[PDB]
A.B. asks: 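Let me give you the structure first, and then I'll get to my questions.
All chain A residue numbers match the PDB entry; in order, they span 34-47, 50-305. When a ligand or atom number is given, it counts from 1 through the structure's own listing order.
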Amino acid sequence: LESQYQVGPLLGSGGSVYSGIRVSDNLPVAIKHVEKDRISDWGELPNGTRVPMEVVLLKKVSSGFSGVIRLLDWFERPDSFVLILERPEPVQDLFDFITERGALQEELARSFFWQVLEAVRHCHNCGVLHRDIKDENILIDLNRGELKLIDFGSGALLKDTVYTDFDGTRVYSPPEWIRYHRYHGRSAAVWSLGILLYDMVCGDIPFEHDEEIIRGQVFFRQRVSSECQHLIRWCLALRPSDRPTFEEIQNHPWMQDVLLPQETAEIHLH
Ligand SMILES: O=C(O)c1ccc2c(c1)nc(Nc1cccc(Cl)c1)c1ccncc12
Ligand SMILES: [Cl-]
C-alpha cells in the first residue's frame, strides 16, 4: 500500500526524493520516485520481475555494511517506481558540507576519502559499478562520522570488458570517455575518485571543460601536501593503465593512519 510510510517534504530532484518516516518505528527514510519513461536501463530481479537496474544494484550491495545506502523496500506504480531508502539523521551531503566548510583539512579528507574507497570496493566486490562517484552522491552521518554512497541510478553491473555508454557526471568522467567514448569500470572509477579527492582538499573540482580533462594538467589552487598531490596526480593519469589500483591507493603514504569514523565525528563534526 506504500502507506507503511508518512511522506514529508520534498528534499529535491535530478528522479525526485522526499523525506519520510516508517510508520512502524518512526524510522527515518528517503522516498525516491522514478518515472519509467525516464529510465533507460532495466534489469530482472531473481524472480525475473522487470525493474530499474538501480534496484538490482541496490539489492546486490545491500548488506550490513553501512558505507553504501540500504534499500529498505520498493514499489511499482503504473508510470513510476518508488524506492524506500535509508535516511541518516542528522545528515548532510558532501557537496553541501564542502560548500559551507571550504577546502577540507587533510586529516578529515583522509578519513572521508578512505571511507569512500571502502564503499566503492564493497560495490565492486558485490559486482556493482557506481559510475557517478562525486560529492553530491555521498551522505555524511554527522553523528557517527560515517559516509554513505547513494544514487545508483547511473550504475551498471561490474564487468571486465569495455563500457561504451555513460550516463554519470561529465566533469568526473575520464579522458578516455570524452574522446573515445570507451572506458573500463575500475580505472574510470579511480579517475572520478581523483577528482573527488582534489575537490575535498581544494574545495572545488579541477576541470570544467573537456579540453582540460583531456590535457589532465593539475593545478593546486590551495595548499595541499606533496603526498596528497602525488596521489591525486596518480589517480588522474591520462592513460587508464597508469592509474593506481584500489590497493595502491590505500597503501599510498598519504593514506596511512586513517581516523576511525567516530574519532572523525568527535574531532571534525560534532
Ligand atoms: O538516490 C538515492 O539513492 C538516495 C538515497 C538516499 C538519499 C538521497 C538519494 N537523497 C537525499 N537527498 C536529496 C536532496 C536533494 C535532492 C535529491 Cl534528488 C536528494 C537524502 C537525504 C537524506 N537521507 C537519504 C537521502
Ligand atoms: Cl594531516
A.B. asks: Can you remind me what the drug at ligand 1 is called?
C.D. replies: silmitasertib
A.B. asks: Give, per UniProt, the macromolecule that holds silmitasertib with the most contacts.
C.D. replies: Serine/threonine-protein kinase pim-1
A.B. asks: Which of the numbered atoms in silmitasertib are under 4.0 angstrom from any heavy atom belonging to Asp186?
C.D. replies: 1 (O), 2 (C), 3 (O)
A.B. asks: Heavy atoms only, cut-off 4.0 Å: how does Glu121 contact silmitasertib, side chain, backbone, both, or neither?
C.D. replies: backbone
A.B. asks: Which option, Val69, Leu118, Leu184, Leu174, owns the non-hydrogen atom nearest atom 20 (C) of silmitasertib?
C.D. replies: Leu174
A.B. asks: Quick check: does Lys67 get an N/O under 3.5 Å from an N/O on silmitasertib?
C.D. replies: yes
A.B. asks: Within a distance under 4.0 Å of any heavy atom of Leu44, pick out the atoms of silmitasertib and give their elements.
C.D. replies: 14 (C), 15 (C), 16 (C), 21 (C)
A.B. asks: Specify the UniProt domain of chain A contributing the most residues to the contact with silmitasertib.
C.D. replies: Protein kinase
A.B. asks: For silmitasertib, which atoms sit closer than 4.0 Å to a heavy atom of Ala65?
C.D. replies: 7 (C), 24 (C), 25 (C)
A.B. asks: Hey, which of the UniProt active-site residues in chain A is closest to silmitasertib? Heavy-atom distance to 1 Å would be great too.
C.D. replies: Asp167, 9 Å
A.B. asks: Where does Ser46 meet silmitasertib, judged by heavy-atom distances below 4.0 Å: at the side chain, the backbone, both, or neither?
C.D. replies: backbone
A.B. asks: Which of the numbered atoms in silmitasertib are under 4.0 angstrom from any heavy atom belonging to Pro123?
C.D. replies: 23 (N)
A.B. asks: Tabulate residues with any non-hydrogen atom nearer than 4.0 Å to silmitasertib.
C.D. replies: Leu44, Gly45, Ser46, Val52, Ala65, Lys67, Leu120, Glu121, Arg122, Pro123, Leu174, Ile185, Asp186
